[PDB]
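Chain IDs: alphabetical, in sequence-line order. Sequence positions for chain A are given in the PDB entry numbering; the residues included correspond to 20-192, in order. Residue numbering for chain B follows the PDB entry; the residues present correspond to positions 30-148, in that order. Sequence positions for chain C are given in the PDB entry numbering; the residues included correspond to 8-34, 47-206, 209-418, 728-825, 831-1014, 1175-1768, in order. What's counted below: heavy atoms across the whole structure, side chains too, no hydrogens, waters or symmetry copies. We count ligands from 1, going down the list as the structure has it; atoms in each ligand are counted the same way.
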Amino acid sequence: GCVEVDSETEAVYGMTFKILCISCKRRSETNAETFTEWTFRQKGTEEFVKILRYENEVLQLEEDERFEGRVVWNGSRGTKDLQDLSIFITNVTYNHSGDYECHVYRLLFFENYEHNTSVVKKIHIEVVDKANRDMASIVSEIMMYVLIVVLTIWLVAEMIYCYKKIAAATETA
Amino acid sequence: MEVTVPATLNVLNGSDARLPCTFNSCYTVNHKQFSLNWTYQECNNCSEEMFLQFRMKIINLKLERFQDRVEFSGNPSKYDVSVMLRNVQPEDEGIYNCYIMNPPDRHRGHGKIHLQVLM
Amino acid sequence: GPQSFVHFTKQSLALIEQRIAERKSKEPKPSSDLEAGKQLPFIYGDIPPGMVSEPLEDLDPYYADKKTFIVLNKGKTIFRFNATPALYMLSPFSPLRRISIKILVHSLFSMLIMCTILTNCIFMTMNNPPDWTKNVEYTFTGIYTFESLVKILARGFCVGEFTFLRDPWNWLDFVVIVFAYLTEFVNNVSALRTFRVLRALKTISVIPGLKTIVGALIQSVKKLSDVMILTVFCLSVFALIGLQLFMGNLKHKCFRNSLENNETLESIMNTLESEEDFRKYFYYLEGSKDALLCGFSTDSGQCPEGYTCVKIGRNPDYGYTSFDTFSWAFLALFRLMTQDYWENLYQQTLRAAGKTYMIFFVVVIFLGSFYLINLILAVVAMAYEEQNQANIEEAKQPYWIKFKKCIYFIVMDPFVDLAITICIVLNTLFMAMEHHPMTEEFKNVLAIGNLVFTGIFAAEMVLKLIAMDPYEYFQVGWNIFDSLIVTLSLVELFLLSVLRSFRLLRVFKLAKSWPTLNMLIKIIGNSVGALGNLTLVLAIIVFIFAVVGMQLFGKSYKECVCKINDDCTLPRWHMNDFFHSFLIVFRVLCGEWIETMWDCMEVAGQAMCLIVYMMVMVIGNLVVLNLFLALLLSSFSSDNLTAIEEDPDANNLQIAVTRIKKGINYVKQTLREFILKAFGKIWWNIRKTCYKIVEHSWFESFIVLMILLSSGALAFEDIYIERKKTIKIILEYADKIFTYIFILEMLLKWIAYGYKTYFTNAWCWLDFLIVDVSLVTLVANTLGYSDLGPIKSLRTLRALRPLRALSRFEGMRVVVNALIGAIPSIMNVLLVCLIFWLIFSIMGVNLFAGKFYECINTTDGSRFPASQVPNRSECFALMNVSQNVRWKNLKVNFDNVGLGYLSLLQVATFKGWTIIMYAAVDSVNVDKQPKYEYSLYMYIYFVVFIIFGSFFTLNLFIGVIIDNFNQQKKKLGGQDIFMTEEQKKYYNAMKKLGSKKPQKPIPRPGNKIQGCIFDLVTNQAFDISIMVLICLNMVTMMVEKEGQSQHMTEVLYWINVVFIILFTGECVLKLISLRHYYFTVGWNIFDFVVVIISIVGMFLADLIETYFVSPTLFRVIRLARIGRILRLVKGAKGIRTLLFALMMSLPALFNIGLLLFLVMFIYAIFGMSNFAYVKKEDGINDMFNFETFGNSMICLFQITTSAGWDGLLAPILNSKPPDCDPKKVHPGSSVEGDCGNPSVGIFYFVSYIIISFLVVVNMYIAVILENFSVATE
Ligand SMILES: CC(C)CCC[C@@H](C)[C@H]1CC[C@H]2[C@@H]3CC=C4C[C@@H](OC(=O)CCC(=O)O)CC[C@]4(C)[C@H]3CC[C@]12C
Ligand SMILES: Nc1[nH]ncc1-c1cc(Cl)ccc1Oc1cc(F)c(S(=O)(=O)Nc2cscn2)cc1Cl
Ligand SMILES: *[C@@H]1O[C@H](CO)[C@@H](O[C@@H]2O[C@H](CO)[C@@H](O)[C@H](O)[C@H]2NC(C)=O)[C@H](O)[C@H]1NC(C)=O
Ligand SMILES: *[C@@H]1O[C@H](CO)[C@@H](O)[C@H](O)[C@H]1NC(C)=O
Ligand SMILES: *[C@@H]1O[C@H](CO)[C@@H](O)[C@H](O)[C@H]1NC(C)=O
Ligand code: NA
């Protein structure tokens, strides 16, 4: 239904990147009206500045040079009940490195009861020249190869031992 | 609705008359919705006079023909809507009706009492 | 001998009195043949004409001394009376008593009483009788008074021996008469009329052979004393456990956080009456009458944002579902034992307390639901066996002539009968082609085919009737049945919808050659034949319960209707009239009683409805079980004796088969003749070392561990796999390693065994197929073929890799061997019940095809009335006007034969059947809006289907499965078929445990004080006092309830502490007296462990409750208090034997449970693969779905008992809009669409429920075998 998956923390210069922000409401059958706001604090800077605000199926982009013409919407479409607030970067530059905040303002409609809640998600993005391969993949691949090698040498040694023993037994008879 | 009333009630002049009216309803009597009407008519084809009604609480209309001699003598929560006529006079002779509506019961209850006053 | 017949005269009475006087001055069983109510022996021959129905002298020498006289009827029935004058007036020689006796023994008397009772029973079904009825009631009363007076005058009243009041069945007549007169003279009307149902019980004493059936039913109960005690004890123990664990959990509700006008929870809760006002402060799901449950743990139900979980308010289901007091907990545990709507309670408890508490429900189901029911069936099985064994044991101790002969020659056994059989098969296949969206040409073809078949069958009937004489024709029952079918078809041709389905019964004509269909014919024939009286008793009991329920609660349903219905109209199930009251009783017999009992308790109070429902459940289930058992055993052993040859008269099918064996073989041989006329030690050492490698124990352990690791890695691939990147990559590389390992293992087996040996083994074939699928998947992924549709679908086949564990574990191997050996016998009965269900499916298509469509308002999901929108065209016009309007059909219906099969499967399992019945009884016509109970009497269709294809079909299946497993045991020497060799050794060792000779008496200590304590503890009064102390402790635990004050909690805890101190003192005294001999008894070891855990647990619970904050830990640790009450089974010998039988059954149950767990694991992996993204409607929701492995196991354990499988199937039947959205976007995943696959889902659920049925039947049979061995050894 809805799974909250964290964003990738590494983007490569010159290509595209998607920043993931998923905010699933606690019960799926409830009806809500959601809008989101994104703030970004670049490396070497302290103040979070607003970069975009998505509401009513339209994206409002702030007048920022580092994001003008470079951000498109990648979240939930065709509804006011947004559970995916992701954005998409078309041309990653070194100015997109820093910390992002994904403010989710969800208004839930109940029987004679309106609840205005809010969620904040923080994403750290580092812009690099080349895609650094994950440690998990490298370690798992190396471990797989060494495990296969160990198993095959163990089996080979056991076969040679048994073959020598049975050949000696045959020669005895 | 089953309404338990005496068909004929003979009460001495000057004495107190209790007019019993009880109903057997499945549902609990909700005071915020229980309705009770006590009317009086001189004859079966005569006009009915509203003198004691329960809309939210006991409302006694204080009719001039009864002075202040009409009192409530029942308990709606206990299915008893009886009324009391203190110091019954000869003019009190007539027909007394107790209308009962106890939602969500669909049917309307109606009991009739013929009060006769002897010397 | 026969000459011993003489009128009873005054001289005979004088001689008898003189003999009695001689006996008195001086100061043996009678002939069972001459016993009253029996046929006079044939040794006496006929009776003189002037001697019948006259007071005669006593024949029996036993009563020849006392004063008696016997009257014999024309039917040679012996009736014994008392020579003492009736009420000291009427003597046997008096004309008045003579006439009374003459009336008493006659056929027109009993027949008149029968007719009167039946007419009164018919009149009893009226709920609002007219005013002309009272005269008929007075006539009924007068008729009964007539027979009562006749019996009193003839037999005397009370003083004598064979008088009116000595017979227990005349007490019912006297009670009826006195009640009728007393209540008539005194004048609750319902109470008085419920007493009139006792007249329906006079049916037992008038129809012959009913009293013996009732006596046998009473006898069967007396053998159930120990099983009922054990059931009550187990239910009480589990009710205490549930009370301790789930107390107050069902009161949790989602209460809103923000309140205006300075409001607080207590201030709200005392000003709320209606559910409309409750819905403004608590969270309700749409269309629900109870508030949504919640919990405080992370694995419980979740409240929406803006609400907080709090324990407040009433319990669900009008408040009748709770674990708050011992009584409600006991009701809940009884509901769990009977598995009546238990999935609802299971879901509520998991929502309110957490998914971890599924362990409680698994244990409860296994012990109470499965094992306790097992003992009930087993004990009744032995009771009827011993009754059956005793029964047989005491029983043994010109031109017209020419052309008729020409036609007779035309009727050939090899050809005409085979042609007729082929025509019957083609006909039943032809009517299986009917379906709702059927064009006019197809209907024309079906009609002409049906007419042609009818014409041919009529021609056959006419030819057979004119060939051999009509008098000879109607001698054979099959000919009569064929004639009835033909005339019914002709009557239909001259003209209902049901009558068109009467030509389905010609399929039963194949039973002449089909032997297992003839078994079903005999089973059905016996129920109405040799067992007709038992079926009649069952029918009478059902009728009595229906009329009693209607009289007691019928007006309560009408007056109190608004409590159980928002529209203030009668619900679907009620007792206002006789038909619906009978439907309620039938549904209770089917196993569903809790939901109607809630409404009954709401409209009429708890006590009366509880008593009535419990009585109905007990008596009805007992009688149904007795009928089932008698049918099973009769048709199993008594009917089959191989009296005649296999088709003693050479079967026409067999003669035709012999003719075919001649003809085809001869023609083929002649065709062949015409064609002929026209025209290297090293490799052996390698094989040996590979063999030595594979066969070793370390290799087997390594492969087993690889199988377990590879199977467990499947459970991690859920919808949350994207939150676990590292584990995902690790699992991919581990899958590569596993594929490599199993490929190497396959190669080693190939070298060691050779292709011939490897491919003659079926387990090796399974491993080969699995490894080839894995290798194809691995190769496809590497060469870029990873997202192809067939390749992606082939990836889901990895869920079959746990099948590699079947060969490795011996228990699953033996259980699979048993199932595979069972398969051949199952298939024939499967074909029989498929034909039987095909008949009902064709009838259902005839009745209901295309009539379940309705115009509903989608937002609230309610059917529109029939005053507006009475047609499909009007529905489409309404859609043109209103948006939320849909002309919707049921997913499971009778549109075609396959859907009819699915509907019949749902009805037979009673899961989702009620919706089908409502649709069927609201049916009007095709493209017509349904009306409420328009076709009300189509409930008869479902009742008949249940009775035949659910009761008799299961009867046949069990009957054949018994013989199959009996044959399986015999061929292997009688050993247990569900057990391994080491399990057999441990089984024998445990057998020696339950048969030990009384051990040596415990040496007495020489010390004075020690010796006195020894005599004190050894005495039986000590053990009895300990038992009553345990009972008092049980009562003390029963006192505990929800919401009790802290003072009461402290008092109960201190009483428990006193009990613990007393038990510890008992243990210390036993230790002092018996010294080291105390530890030589297993029960003493159990008691020692119990007292230790009691003390430790009480102190730990105190520490947790005061110094810690852990209610869950407190409630879990408090379970050690159960050990004290488990010692009650020490004194109870019968329940101890039953528990010994259970522990005997445990190993085979362990093997079958392992197989079931493996099947559940495979189906769970497939469920997460397939149904993880379906819409959350019906039985699928936020907590019970296929998103994770745990949720899938939760769902599959529930449907192992078949509970709620329809609700899980329903969302997967969605395949097209607007039912589902094929382009549904799921955040956090690339999967698109919330649609299910109807074919895959149907196959999934049907196969799972069938396999669960087979495995559960295995568990039943195993437990039965251990119980039967224990009770008769
Ligand atoms: C072992 C015995 C008991 C059963 C042997 C199978 C046949 C006797 C029956 C069972 C299922 C039947 C089928 C069930 C459903 C259909 C679909 C039906 O067509 C539709 O439903 C079309 C619907 C549409 O066009 O909208 C045509 C007949 C057919 C193939 C039936 C043909 C006859 C079948 C194969
Ligand atoms: N807390 C309290 N109030 N009043 C007396 C006490 C008390 C006094 C002492 Cl000296 C020790 C502990 C005490 O507390 C208990 C005593 C019990 F007996 C049970 S028990 O009935 O559940 N029995 C049981 C067996 S194993 C787990 N529990 C539960 C508890 Cl908390
Ligand atoms: C189906 O239902 C409608 C219900 O109104 C049937 O009645 C017709 O309704 C229209 C619109 O109200 C009227 O104008 C017609 O006069 C009604 N028919 C007649 C004969 O009076 C309608 O006939 C039904 N159609 C079908 C196909 O059964
Ligand atoms: C995200 O944006 C890219 C670039 O415009 C587009 O191709 C893609 O379809 C979008 N995906 C979603 C989830 O909207
Ligand atoms: C508390 O309730 C009172 C009414 O009893 C109200 O007058 C007052 O304003 C409330 N105060 C708060 C803190 O809401
Ligand atoms: Na039910």
Worksheet item: So at ligand 2, which of MLN8054, PF-05089771, CT-3 is it?
Response: PF-05089771
Practice prompt. Tell me which chain touches PF-05089771 most, using the name in the PDB entry.
Written response: Sodium channel protein type 9 subunit alpha
Worksheet item: Which other polymer chains sit within a heavy-atom distance below 4.0 Å of PF-05089771?
Response: C
Practice prompt. With heavy atoms of C/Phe1609 as the reference, note each atom of PF-05089771 found under 4.0 Å away.
Written response: 31 (Cl)
Discussion item. Closer than 4.0 Å to some heavy atom of C/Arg1616 - which atoms of PF-05089771 meet that?
Written reply: 22 (O), 23 (N), 24 (C), 25 (C), 26 (S)
Worksheet item: Near C/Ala1615, which atoms of PF-05089771 are under 4.0 Å from a heavy atom of that residue?
Response: 26 (S)
Item to complete: Could you list which atoms of PF-05089771 come closer than 4.0 Å to a heavy atom of C/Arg1619?
Response: 23 (N), 24 (C), 25 (C)
Fill in: Shortest protein contact, atom 9 (C) of PF-05089771 (heavy atom only)
C/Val1552 CG2, 4.0 Å
Practice prompt. Return the residue, atom name and 0.1 Å-rounded distance of the protein heavy atom closest to atom 11 (C) of PF-05089771.
Written response: C/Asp1597 OD2, 3.8 Å
Worksheet item: Can you list the atoms of PF-05089771 that are under 4.0 Å from a heavy atom of C/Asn1551?
Response: 18 (F), 21 (O)
Worksheet item: How far is atom 6 (C) of PF-05089771 from its nearest protein heavy atom, and which residue and atom name does that atom have?
Response: C/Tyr1548 CB, 3.8 Å
Item to complete: Classify the contact between C/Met1532 and PF-05089771 as side chain, backbone, both or neither, using a heavy-atom distance cut-off of under 4.0 Å.
Response: neither
Practice prompt. Check each atom of PF-05089771 against the heavy atoms of C/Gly1592 and keep those under 4.0 Å away; list them by number with element.
Written response: 26 (S), 27 (C)
Item to complete: Look only at interatomic distance and state if C/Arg1613 has a nitrogen or oxygen under 3.5 Å from any nitrogen or oxygen of PF-05089771.
Response: yes
Worksheet item: Does the N or O separation between C/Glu1600 and PF-05089771 drop below 3.5 Å for any pair?
Response: yes
Item to complete: Any atoms of PF-05089771 less than 4.0 Å from a non-hydrogen atom of C/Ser1589? List them with their elements.
Response: 25 (C), 26 (S)
Worksheet item: Which UniProt transmembrane segment numbers of chain C (from the N terminus) have a non-hydrogen atom closer than 4.0 Å to PF-05089771?
Response: 20, 21, 22
Worksheet item: Which residues form the binding site of PF-05089771 when counting heavy atoms under 4.0 Å?
Response: C/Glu1545, C/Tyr1548, C/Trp1549, C/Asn1551, C/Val1552, C/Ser1589, C/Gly1592, C/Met1593, C/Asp1597, C/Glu1600, C/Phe1609, C/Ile1612, C/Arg1613, C/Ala1615, C/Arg1616, C/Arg1619
